[PDB]
Every structure is written in structure tokens, then in C-alpha cells.
Student: 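Complex: chloramphenicol : chloramphenicol phosphotransferase.
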Number of protein chains: 4
Amino acid sequence: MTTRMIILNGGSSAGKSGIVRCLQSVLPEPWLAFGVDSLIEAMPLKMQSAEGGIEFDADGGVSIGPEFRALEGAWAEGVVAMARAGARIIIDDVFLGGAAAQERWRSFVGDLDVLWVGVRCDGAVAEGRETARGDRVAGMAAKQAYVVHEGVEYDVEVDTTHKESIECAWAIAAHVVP
Amino acid sequence: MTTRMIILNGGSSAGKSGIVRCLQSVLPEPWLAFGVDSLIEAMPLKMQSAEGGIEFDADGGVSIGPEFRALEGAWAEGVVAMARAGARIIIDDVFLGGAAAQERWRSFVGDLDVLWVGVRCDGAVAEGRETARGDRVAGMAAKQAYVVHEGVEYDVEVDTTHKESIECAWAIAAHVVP
Amino acid sequence: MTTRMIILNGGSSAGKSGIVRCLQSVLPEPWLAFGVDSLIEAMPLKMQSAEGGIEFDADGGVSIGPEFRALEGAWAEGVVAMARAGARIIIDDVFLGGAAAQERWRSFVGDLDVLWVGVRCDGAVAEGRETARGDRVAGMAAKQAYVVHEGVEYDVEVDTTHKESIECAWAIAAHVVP
Amino acid sequence: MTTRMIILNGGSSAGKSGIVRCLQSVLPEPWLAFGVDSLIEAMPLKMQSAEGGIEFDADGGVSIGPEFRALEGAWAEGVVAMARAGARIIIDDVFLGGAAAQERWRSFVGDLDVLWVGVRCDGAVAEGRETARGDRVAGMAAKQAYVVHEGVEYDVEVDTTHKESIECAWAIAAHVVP
Ligand SMILES: O=C(N[C@H](CO)[C@H](O)c1ccc([N+](=O)[O-])cc1)C(Cl)Cl
Ligand SMILES: O=C(N[C@H](CO)[C@H](O)c1ccc([N+](=O)[O-])cc1)C(Cl)Cl
Ligand SMILES: O=C(N[C@H](CO)[C@H](O)c1ccc([N+](=O)[O-])cc1)C(Cl)Cl
Ligand SMILES: O=C(N[C@H](CO)[C@H](O)c1ccc([N+](=O)[O-])cc1)C(Cl)Cl
Ligand SMILES: O=C(N[C@H](CO)[C@H](O)c1ccc([N+](=O)[O-])cc1)C(Cl)Cl
Ligand SMILES: O=C(N[C@H](CO)[C@H](O)c1ccc([N+](=O)[O-])cc1)C(Cl)Cl
Ligand SMILES: O=C(N[C@H](CO)[C@H](O)c1ccc([N+](=O)[O-])cc1)C(Cl)Cl
Ligand SMILES: O=C(N[C@H](CO)[C@H](O)c1ccc([N+](=O)[O-])cc1)C(Cl)Cl
Ligand SMILES: [Mg+2]
Ligand SMILES: [Mg+2]
Ligand SMILES: [Mg+2]
Ligand SMILES: [Mg+2]
């Protein structure tokens, strides 16, 4: 019943982070937020130039090797362990592998009660937001806007194309069982 | 004829910075961007706790003393001097003093050709964006959303309430004389 | 035998973060880094103004309530779980409660093989570094420089007062069993 | 007599920024700080991928085209204009072109009273600091540690190899005529 984890998925610049900060502000109980971004931050800088690490193409492409995956896996188990320990966890991710990515998460989550959230945004609009924020390799937003959701199942879907972050947060919070 | 300076004015979280980065990306010639934020960054940290410096109330209020103003003034003259020297300058400001603030700028600009831009956004929406970005004292957006424009004259007015940054940028760029 | 976790402890501005980035660069296998700072980053912003959250006095003091501790605890278990899952983890912390803080960690770590590192630095020197970095409430460095180590047991002790970060990293890496 | 501008020069990771923040804290009157870094921040993002812009080699090299120089020039005149207007200005730069770079500055400064400061640091030590800060293309520190000072004349020289930032700041402040 009680929601233990909220997992958001969406392409770059779709507005996930904004929603996450809004959720932490809205939800009455403290929710810890982690994502692919905080993970990369925690990983050694050299992981970004390693063969089986993560590579950012000059055109927005993203490649993930086995070195990166092995680490992500251990990190995923720890996040889930935090939840089982009683910490409310929000996860901000980008399912580059679509359904396969969701399956991987299901693999670690087990029978833990999770709220699967889909965060959509039109590719062109996301691209514009990408330009507006100045901190992102041009090309990611467009490349991830749709592929990332293929075959993925959600409990709640919000679209930031015409909805503010705080509004999407309200929509998501209503599905969070205390 | 040729536009030398573009001066944007709007309350916190109205979307100025995003527009500025979009303008720099859109406009063919290189435009340098400076604002009240880069200025505070360049000022000594202690200016933020000084009597006549700048004080950020715990509720979003902002007070500016004479120490801060004297410095801002010299900085304003330098920015204008950069323009007269041939650098295209975009300025991102918050006219806390409404029309009085614009007059001060007119004072430094002289006969330099400037494009005065107004950046509006509904207070409640800006407040939500304030929460979404996690980096801003709650209360500023609402407090500045309207007062900042009172008696101020613009050449172009854009509203981010329902327009993306890149779109407002297109509207502004069209008024920029090469 | 194989070192699973490296736990650094030291006052603010003692140089922990620099050492951590050096360790990640030096150590051949990928090491994930988390600390009290990344934790606060992951916690809701409001935790910083909550009764039992974390409060930063205007003079450098730091208070931690039960709300903050409960969360930290669940986070600690997750970090350890990441280690047991095979991820090499570096932790950057500040034992405000001296020995009591180390005991708490021992509580979560169990029989996991950990490398306890002490990072010292003269109070006055740390204070200067605090001023130099511009991002830290004046007063923390001096307040934490010594109290934080009282009754704490280390496997390796480095002092940044006259040693570069990369050098302290070499000293620490030598004690890391592959 | 009265010092109007303080111009620091030194290779990447030599410790300039730290010194600058210390100077702003130490000096009684408010000093505005600008540098090659704040300039790049103010320049359009695309300047970093333009033919005559600025290019960061994957090995630490830095190339500056005419597009970048033209803008820098106008910016230099504005900074000086700020000084003539009464603002105390600290400048943090990297004289890639050695003496030629200093001549260029002399060109804009004119008869303005300037305090020329040299900030040295051993290449290997700077390289280590480069690794420690995680935010800098590996290779810059070593490449700039010496070449940057060739044929350059200073009023004060400090060396961060064995001196803290706050200490170098004290040495520099003593040469500042009120
Ligand atoms: O250390 C490195 N590589 C080897 C293989 O040459 C390695 O197995 C590795 C790759 C990435 C990584 N990380 O993220 O810390 C760690 C080790 C390169 Cl990053 Cl220099
Ligand atoms: O820009 C970055 N990451 C974006 C997402 O924020 C990139 O689009 C990305 C997408 C997926 C990913 N992953 O899950 O493997 C990693 C990075 C990091 Cl360098 Cl901050
Ligand atoms: O130095 C200070 N104050 C005096 C008056 O006590 C001063 O005239 C002043 C205020 C702000 C400032 N600044 O921004 O650098 C400089 C000096 C305080 Cl910030 Cl400690
Ligand atoms: O949050 C900040 N500034 C905002 C504007 O970005 C604040 O609303 C503000 C408004 C006006 C101002 N001024 O022009 O005097 C200074 C700060 C700085 Cl601390 Cl980054
Ligand atoms: O929501 C809040 N407080 C209550 C008590 O009034 C609460 O139990 C709490 C405190 C901190 C916190 N956090 O970090 O998310 C969460 C809830 C205040 Cl932060 Cl407004
Ligand atoms: O400045 C901050 N934290 C410093 C340590 O980096 C503060 O000294 C501190 C010390 C101990 C602590 N804790 O473990 O409870 C939290 C913050 C955060 Cl706001 Cl980034
Ligand atoms: O706009 C661009 N280039 C042309 C030449 O193709 C131009 O003259 C230029 C280069 C850098 C720049 N800047 O920094 O804004 C501006 C224009 C490229 Cl950055 Cl896409
Ligand atoms: O890393 C950067 N700049 C460093 C100096 O901080 C680089 O070494 C550099 C050196 C000289 C320069 N210039 O003056 O032309 C520009 C960048 C910027 Cl991307 Cl923040
Ligand atoms: Mg995100
Ligand atoms: Mg702005
Ligand atoms: Mg640290
Ligand atoms: Mg610098």
C-alpha cells in the first residue's frame, strides 16, 4: 500500500529534476532524490572516458559500457536497500533501453511498492529547453524524447509540454499512498 | 539603427536567463551577457551582509544600500563602454525600483541604441518555477512579478507564462537591428 | 582482506573532497563517492529549515535533529548495501559527534572491511581555505578542525596542512587492499 | 598613487581564484572581480566551438581565434572604464601569450594605476590540484605553469606551491595603495 519508491523516467530536458524538487517540497514526509545525474557525479571522472564507461557523443548520443552497468547495478541495489530501511526514495532516470531498462529496475525492486512515473515532452520543445539551460550537449533532448518510453509501463504520466513542474508534481503526489 | 544593447527586465524566475542563453544561440553575431546575478557574483561575498550592501530577507525581500549602488553604477558605465567599444551586450536585470530603475539605466546609456525588453510571467507560475529550480529564496518570484514593471517602457514584451524561452527569444531577435 | 569501503572523516575545508577526487583518479578500480554533502543535496531543501532537520547557524555551527538522523541512517544502510553488492565505496563525512559518530558507522558497516581515514588540518589554515573557496559559512572550519577527531580511531591519518591532496591520496591508496 | 586595478596572472590551478576571494575579504573597500573565466561565462556558449573562438584541446591546450580576441578587447576597455568610473577592479587572467599578453593589457590600461601580480606554482603541484578539483581538462596546469610568465613584469610575485591563498592575499594587499 504505502508507496516506498517513486521512479521517474523521461528524456533529457523533459523536466524531471524540476518535478523532483517540486515533489520534495509538496510531499509532507522527507523524500530522498537520486538519479542518473547524481550517480555520474558520484562515479570517478574517468568513467566518462573509459571504454566500458559512459561516452557522450558530440551530437547528443550516449553509450553505456559494462563497467558503467556493473556499478549502476550495485548502486541500484543500495537505493532499494535504503527504501527497505525506511527511507522514501525518488529516482530520476533515463531509460535509454526502453522496456529493457524498466525490466532491469523491476529486477532490483522486487516486491517493493513503487510508483512508476512517465515524464513526457515534445522533442522540439525539449530541444529548446536544452538550449535555454546552457548545460547540456545539444542533441540529447531530441534523441531521447520518444525512444525512452517505448514499451514502458507507467502508473502516472505527465507531460511538461504545456504543464508547469509544480503542476505535474501535484498530479504525481496524488498517486502517492502515505 | 544597429542595436548595441539589449536590456531585459523581469522578476525572479520569470525566465530571463533562459531567454538570454537562447538569444546568444540564435543571434548570428556574438553577444556578451551580464546581469544583476553576474554582478553579485563579481562583488565581494561580504557585500551580502553589509549595511549598505544587498540583503536577502528570509521571505524573499531584497534591499539595496548605497554601497551596492555606487558599485553598480561604475559597473553600468563599464558595460556601456564595452558597447561603445563594439561589443554587443545583453543585460539581464530586475528593476526593483520600477521606472526609477529604467531612468538610472537611461542615465548611463545616453544616446546608445538600446532594445528595451520586458519579460513577464504570472506570479503564481513564477513561484512554482522558483520551487522547481531549488536555487532561490522562496518568496522572490511572487514579490517581483508585477512591481518590477510599473511605469517601465519597453520596445518588446514577451510573457513566459505560456511561451517557451526559445520562442520568446525568436520574438526578441526579430526586433534586433543588425 | 579486500577493502570494500574507505571512510574519510575531517572538519570542513580540511580537504576531503579534493582527496576523494584524487583517490578516484589514482585507484585502478572504479570507486563511487558519497558524503554528507551529496546526502544533503539529495535531501529535500526544506530539511534545512526543519526543527529536527539540519540547521546552519550564522556563525558556523551545525545542528542535526532526529528527522535528519533517521534519514541518514537509512542512507547509511543503503551505502553499505551497495558495498556488499560489489561497489567500491568512498565516504566523505564529518563526525560532529566524534567517537559516537564512528560508532554509529560501525553499527551499519558490520563485518564489512573498511579503511578508516582521518583527514586533519590546522584550524587557522582551514579557516583561510574556507575564505578562499567562497562557498561555506564562515566559522565551520575553525569549529570542526579538532572536535571531530576526538576519540576516533583511524587506519590512516593524513594532514593537509602541508601536504597536497594528491599526496594524501597516495598515502591512502597504499593502504587499500585490492 | 591609489591603486585602481589589480591584475593577476598565472597558469590554471595556480590558485588565482582562491587568492581573489581572499583579497575581496581582506581589502576594506569593495573590489569587483572579473577574469578570463567570468568572460567565457558571459560569452555565447557557441564561442567554444567556433573557428575563431576558443578551443579546448583534449590534452589541455587552449587556442584563441580573432573572434574571441575582438570581444575580449571590447570587454577589456569596459573593465578599465569601470575603474576610471571609480570601481576597484581585480582581474584574474592567464597570459597564454606571455609578455605579448601583458602588452595588450598595458594598451587598454593607459596611465591607470595598476598592481601587476604574478601567481606562480610548480607544474606538478598545479597538476595535482587540477586532479583534485575535478573541474578542469587534465593537462592545462602543466602546460601553463611556466610559459605564461615568460617576459612578464610584476610588482608582486607570490608562489602558492607552499603558501596558502590567504597568505598570498596578505602579501598582495600590503602593496595596495588606498
Ligand atoms: O583507468 C582506466 N581504464 C581501465 C582500462 O584501461 C579500467 O578497467 C577502468 C575504466 C573506467 C573506470 N572508472 O570509472 O573508474 C575505472 C577503471 C582509464 Cl579511465 Cl584511464
Ligand atoms: O548530461 C548528462 N546526462 C544526461 C541525462 O541528464 C544524458 O542524456 C544521459 C542519459 C542517460 C544516461 N543513462 O541512464 O545511462 C546517462 C546520461 C550528465 Cl553529463 Cl549530467
Ligand atoms: O567590511 C565591512 N564593512 C564596512 C563597514 O563596517 C564597509 O564600508 C563595506 C561594506 C560592504 C563591502 N563590500 O561589498 O566589499 C565593502 C565594505 C563588513 Cl562587510 Cl564586515
Ligand atoms: O537570487 C539572487 N538574485 C535575485 C535575482 O536573480 C533577487 O531577486 C534580486 C533582485 C534584484 C536585485 N537588484 O537588482 O538589486 C538583486 C537580487 C542572487 Cl543571490 Cl543570485
Ligand atoms: O514540512 C515541514 N515540517 C514538518 C513539521 O512541521 C515535518 O515533519 C518535516 C521536517 C523536515 C522534512 N524534510 O526534510 O523533508 C520533512 C518533514 C517544514 Cl520543513 Cl515546513
Ligand atoms: O556546507 C555544508 N556542509 C558542511 C560540511 O561540508 C558542514 O560543516 C556540515 C558538517 C557536518 C554535517 N553532518 O555530518 O551532520 C553536515 C554539514 C553543506 Cl550546506 Cl554543503
Ligand atoms: O555561428 C557560428 N559561426 C560563425 C561562422 O560560421 C560566426 O561568425 C561566429 C563564431 C562564434 C561566435 N560567438 O561566440 O557567438 C559568434 C559567431 C558557429 Cl558557432 Cl555555429
Ligand atoms: O577551464 C577554463 N579556463 C582555463 C583557465 O581558467 C584555461 O586554462 C584557459 C586559459 C587561458 C584562456 N585565455 O586567456 O585565453 C582561456 C582559458 C574555462 Cl572553460 Cl572555465
Ligand atoms: Mg534530471
Ligand atoms: Mg536571470
Ligand atoms: Mg567534502
Ligand atoms: Mg581563476
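Throughout, a chain's letter reflects where its sequence line sits, starting with A, and its residues are numbered from 1. Start at 1 and go down the list; that is how both ligands and their atoms are numbered. Worth knowing before you read on, the calculation uses all heavy atoms, side chains too, and leaves out hydrogens, waters and symmetry mates. This deposition comes from X-ray crystallography, 2.6 Å.
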Student: What are the identifiers of all copies of chloramphenicol in this structure?
Tutor: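 Copies included, the answer is ligands 1, 2, 3, 4, 5, 6, 7 and 8.
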Student: Which other chains sit close to chloramphenicol (ligand 2), with any heavy atom less than 4.0 Å away?
Tutor: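 By heavy atoms, the other chains are A.
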Student: So, at a heavy-atom cut-off of 4.0 Å, what does the binding site of chloramphenicol (ligand 2) look like in terms of residues?
Tutor: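 The heavy-atom site around chloramphenicol (ligand 2) is A:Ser12, A:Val36, A:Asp37, A:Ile40, A:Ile54, A:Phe56, A:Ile64, A:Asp93, A:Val94, A:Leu96, A:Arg136, A:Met140, A:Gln144.
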Student: Enumerate the ATP-binding residues UniProt records for chain A that place a heavy atom under 4.0 Å from chloramphenicol (ligand 2).
Tutor: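 Among UniProt's ATP binders, a heavy atom under 4.0 Å is found in A:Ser12.
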Student: Students should be able to answer this: which protein heavy-atom is nearest to atom 8 (O) of chloramphenicol (ligand 2), and at what distance?
Tutor: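 The closest one turns out to be A:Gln144 NE2, 2.9 Å.
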Student: In terms of residue, atom name and distance, what is the protein heavy atom nearest to atom 20 (Cl) of chloramphenicol (ligand 2)?
Tutor: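 Of every protein heavy atom, A:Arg136 NH1, 3.3 Å lies nearest to atom 20 (Cl) of chloramphenicol (ligand 2).
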Student: Any nitrogen or oxygen of A:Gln48, side chain or backbone, less than 3.5 Å from one on chloramphenicol (ligand 2)?
Tutor: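 In this structure, A:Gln48 places no N or O atom under 3.5 Å from an N or O of chloramphenicol (ligand 2).
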Student: Suppose I only count heavy atoms of A:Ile64 and a 4.0 Å limit; which atoms of chloramphenicol (ligand 2) are within that range?
Tutor: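 Those atoms are 15 (O).
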Student: Determine from the entry whether a covalent bond links chloramphenicol (ligand 2) to a chain, and give the residue and atom if so.
Tutor: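 As deposited, no covalent bond from chloramphenicol (ligand 2) reaches a chain.
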Student: Could you list which atoms of chloramphenicol (ligand 2) come closer than 4.0 Å to a heavy atom of A:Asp93?
Tutor: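 It comes down to these atoms of chloramphenicol (ligand 2): 14 (O).
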Student: Help me out: which active-site residue from UniProt for chain A lies closest to chloramphenicol (ligand 2), and what's the least heavy-atom distance to 1 Å?
Tutor: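 Rounded to 1 Å with heavy atoms, the UniProt active-site residue is A:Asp37, 3 Å.
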Student: State whether the shortest distance between N or O atoms of A:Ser12 and N or O atoms of chloramphenicol (ligand 2) falls below 3.5 angstrom.
Tutor: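 Checking chloramphenicol (ligand 2) against A:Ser12, no N or O pair falls under 3.5 Å apart.
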Student: Would A:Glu72 count as a polar contact of chloramphenicol (ligand 2), with the cut-off being nitrogen or oxygen pairs under 3.5 Å?
Tutor: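 So chloramphenicol (ligand 2) has no N or O lying under 3.5 Å from an N or O of A:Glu72.
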Student: For chloramphenicol (ligand 2), which atoms have a heavy atom of A:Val94 less than 4.0 angstrom away?
Tutor: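 In order of numbering, the contacting atoms are 10 (C), 11 (C), 14 (O).
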Student: Give me the pairs of N or O atoms, one from chloramphenicol (ligand 2) and one from the protein, that sit under 3.5 Å apart.
Tutor:
residue	atom	partner	partner atom	Å
chloramphenicol (ligand 2)	1 (O)	A:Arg136	NH1	3.0
chloramphenicol (ligand 2)	6 (O)	A:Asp37	OD1	2.6
chloramphenicol (ligand 2)	6 (O)	A:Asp37	OD2	3.3
chloramphenicol (ligand 2)	6 (O)	A:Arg136	NH1	3.2
chloramphenicol (ligand 2)	8 (O)	A:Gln144	OE1	3.3
chloramphenicol (ligand 2)	8 (O)	A:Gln144	NE2	2.9
chloramphenicol (ligand 2)	14 (O)	A:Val94	O	3.4

